[PDB]
Amino acid sequence: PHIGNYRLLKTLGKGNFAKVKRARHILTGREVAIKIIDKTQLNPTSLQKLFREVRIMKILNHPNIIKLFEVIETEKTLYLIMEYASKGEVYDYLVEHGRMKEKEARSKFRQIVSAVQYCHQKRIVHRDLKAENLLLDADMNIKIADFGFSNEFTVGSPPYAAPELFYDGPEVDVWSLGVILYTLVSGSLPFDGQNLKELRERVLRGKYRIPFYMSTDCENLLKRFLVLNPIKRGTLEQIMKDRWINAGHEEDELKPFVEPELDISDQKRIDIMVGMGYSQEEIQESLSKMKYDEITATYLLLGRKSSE
Amino acid sequence: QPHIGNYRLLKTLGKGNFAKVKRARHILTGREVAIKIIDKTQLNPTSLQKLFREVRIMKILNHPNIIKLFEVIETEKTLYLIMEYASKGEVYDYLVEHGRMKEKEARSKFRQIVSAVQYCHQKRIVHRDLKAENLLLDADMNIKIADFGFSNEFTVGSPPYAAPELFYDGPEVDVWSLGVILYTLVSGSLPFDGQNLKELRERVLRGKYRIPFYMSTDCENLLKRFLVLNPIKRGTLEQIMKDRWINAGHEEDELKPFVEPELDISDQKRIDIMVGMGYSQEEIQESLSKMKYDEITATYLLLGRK
Ligand SMILES: CN1CCN(c2ccc(Nc3ncc4cc(C#N)c(=O)n(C5CCCC5)c4n3)cc2)CC1
Ligand SMILES: CN1CCN(c2ccc(Nc3ncc4cc(C#N)c(=O)n(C5CCCC5)c4n3)cc2)CC1
């Protein structure tokens, strides 16, 4: 089975009003993830919120945020065609290999901090960063899923939730980032329990174990995220200057991401799409207007590696 | 007249929700001020924490057209916010007394308003409830906007000024209200009104308003940049600051984002006066350097005004 130019493959997750399937673009062979939302199960209020959030997704253009390629809408269904992170959860990588060495943890956490700060600068707060939406692509780059989407439009976390949720501003992501950092360096959650009430007591206590292998610089950095009072947490713009974050990046200090200009005049890719049956003029119109249609999707997918 | 801190309390200016605002006089300098009074025992631990977050925001508002905070007094039961007093009250009262502002005067005030709001937006502070009740005028007819950064329950939203999407907390909602504000300055009337809230909402959603004979096309063009139903298509304030009508008569003085003056905390003339009032030199230097918003920094600031 298919939708538009995509062959639908196995379901990756399901829940609430959404399903996400792996899929293969027929025109290019590139793999994608497709979120399928049955609109008949939504009231007019949820429908309006969904389309506002889709418009937010169209403005996320960061190399560590799952990228939207194409939107297909029928009378009954919304299809969101987006980047597929072929290695699944960071958690799966921690299970296989153990904790990351601090050099690898730093490389991935710089990507995560960049992605989240980039959204915060645009007034977009995740509010639900967790194991299930921290993903890795085929080249071990971080890809964060579901920025900007309300939980009912995700497939579906107490260990990561800020203690003030136990508030919807950027500080709640900063707490979750501290949990993430701790999981990267130790392979363990900083706060756990035999049930939710014990988990909550430990989160409110704010204390977590520092293993012998954790550097003092990593410990000090965690203290900037895992502060109970939300207003005393560091800002990401401040944390970007942290000594641990930039160890080994002497003249490459982490700074807010700046979007490169999108090259929409690659004639090699345009030549391929003309072969596919699109006209040069049609291609230029879709790309310059960024229509999120079958043409812009194809152009972007032709820029990725084949057969994956 | 009772005292709180170094202030003599005078007439009540307003009361609503969890707040009361009184006119007062600083005993030490004789300067008039406004004091917002909030009984903390009215609040839960959650709203009390939010109140303190919004006071921390108020501390960083330093714009000549934004009501300036002078002093914070917190007791076990009550929070007192001592701030600038706008002695001529609401812009509305001026419109009632003199009618619509002529174009030059409306432009002058609207530049102040746009400057104040853009200054807050750049600091990522959205008002969300700009309205007649918090657009004020000082003794020199300068705009003073009240209650930036405060939730409604801490003030003493408003259908005629509320963006149609509230019938969202980003700057776009202020931009819509600014359009309604500009219309009131130029016409003396609200653009959207009705015999009840239902009819009023209908006109906001339609987005149509009467263009009077005295409104220029440049002014009508500017209105179209605020009063857009689609929030994403509304002008941004950085863009609106370059509008032709906004800068007419200001060709070598284009409206730009406000930049705060460098703070002067070592005026020894004012410090000398405060030593005479009984504060020590060391105390004064510490209060000013740490910007404590205590009785000392407030006196320092009030000594710098008429
Ligand atoms: C032991 N593992 C094995 C499978 N494994 C997993 C495999 C691939 C991926 N990739 C991938 N790429 C893009 C995505 C976009 C989304 C959106 N919007 C989205 O929700 N998802 C997932 C996240 C929640 C479930 C659907 C996306 N997933 C994620 C996980 C996890 C368990
Ligand atoms: C027919 N009129 C008669 C006069 N009258 C009026 C007179 C003076 C002023 N000034 C002034 N200066 C600072 C203020 C700080 C505030 C804070 N925070 C605050 O709330 N207020 C007001 C605004 C809402 C009621 C309290 C402030 N008001 C306002 C109005 C209006 C009616």
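As listed: the chains are lettered in turn, A, B, ..., one for each sequence line. The residues of chain A that appear here are 51-206, 215-224, 229-370 by the PDB entry count, in order. Chain B is numbered as in the PDB entry; shown residues: 50-205, 214-224, 229-367, in order. Every number for a ligand or one of its atoms is a count from 1 in the order of the listing. Quick note: numbers below take in every heavy atom, side chains included, and nothing from hydrogens, waters or symmetry partners.
The drug or drug candidate found at ligand 1 is narazaciclib.
By chain letter, those with a heavy atom nearer than 4.0 Å to narazaciclib (ligand 1) are A. Defined by non-hydrogen atoms within 4.0 Å, the binding site of narazaciclib (ligand 1) is A:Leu62, A:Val70, A:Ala83, A:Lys85, A:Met132, A:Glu133, A:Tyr134, A:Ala135, A:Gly138, A:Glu139, A:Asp142, A:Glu182, A:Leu185, A:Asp196, A:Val205. Among protein heavy atoms, the minimum distance from atom 17 (C) of narazaciclib (ligand 1) is reached at A:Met132 SD, 3.4 Å. Looking only at heavy atoms of the protein, atom 28 (N) of narazaciclib (ligand 1) is closest to A:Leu185 CD1, 3.6 Å. Among all protein heavy atoms, the one lying closest to atom 23 (C) of narazaciclib (ligand 1) is A:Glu182 O, 3.5 Å.
Residue, atom and distance of the protein heavy atom nearest to atom 2 (N) of narazaciclib (ligand 1) are A:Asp142 OD2, 3.0 Å.
Distances between N or O atoms of A:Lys85 and those of narazaciclib (ligand 1) include at least one value under 3.5 Å. The protein atom (non-hydrogen) at minimum distance from atom 10 (N) of narazaciclib (ligand 1) is A:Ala135 O, 3.0 Å. Of the protein's non-hydrogen atoms, the one nearest atom 30 (C) of narazaciclib (ligand 1) is A:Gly138 CA, 3.7 Å. Within chain A, the UniProt active-site residue with the least non-hydrogen distance to narazaciclib (ligand 1), rounded to 1 Å, is A:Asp178, 10 Å.
At a distance under 4.0 Å, a protein heavy atom can be found next to atom 8 (C) of narazaciclib (ligand 1).
Counting residues of chain A in contact with narazaciclib (ligand 1), the top UniProt domain is Protein kinase.
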Which protein N or O atoms sit under 3.5 Å from any N or O of narazaciclib (ligand 1)? Give atom names and distances.
unit_1: narazaciclib (ligand 1); atom_1: 2 (N); unit_2: A:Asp142; atom_2: OD2; d: 3.0
unit_1: narazaciclib (ligand 1); atom_1: 10 (N); unit_2: A:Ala135; atom_2: O; d: 3.0
unit_1: narazaciclib (ligand 1); atom_1: 12 (N); unit_2: A:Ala135; atom_2: N; d: 3.0
unit_1: narazaciclib (ligand 1); atom_1: 18 (N); unit_2: A:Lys85; atom_2: NZ; d: 3.2
unit_1: narazaciclib (ligand 1); atom_1: 18 (N); unit_2: A:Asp196; atom_2: OD1; d: 3.4

